[PDB]
Amino acid sequence: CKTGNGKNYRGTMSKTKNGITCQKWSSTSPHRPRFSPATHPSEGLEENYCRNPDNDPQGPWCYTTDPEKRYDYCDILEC
Ligand SMILES: NCCCCCC(=O)O
């Protein structure tokens, strides 16, 4: 969840909505989008994070090192 859309959180480590080990923002060759532009609200996409620099108020999104488990939000404490 967004216990602060750029202020406070915990599951932002690198785990999806439940706790699926997110990615490191590498790329689609192995597996990972091309996220990183500055025209985004923010950019807390630190190595392997979950935030909302795209458009997912419902919850901080985040992809992962693999397809079957490419994405979902982060297991960040509620808000
Ligand atoms: N609204 C989420 C789309 C951007 C999240 C990253 C991705 O989909 O590759």
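The residues of the chain are indexed from 1 along the displayed sequence. Each ligand, and each atom within it, is numbered from 1 in the order the structure gives. All values below come from the heavy atoms of this structure, side chains included, with hydrogens, waters and symmetry mates left out.
Looking at ligand 1, the drug among gabapentin, clavulanic acid, aminocaproic acid, propylthiouracil, ulotaront is aminocaproic acid. Most heavy-atom contacts to aminocaproic acid in this structure come from the chain listed in UniProt as Angiostatin. By chain and number, the binding site of aminocaproic acid at a non-hydrogen cut-off of 4.0 Å is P33, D54, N55, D56, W61, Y63.
Aminocaproic acid is contacted mostly by residues of chain A from UniProt domain Kringle 1.
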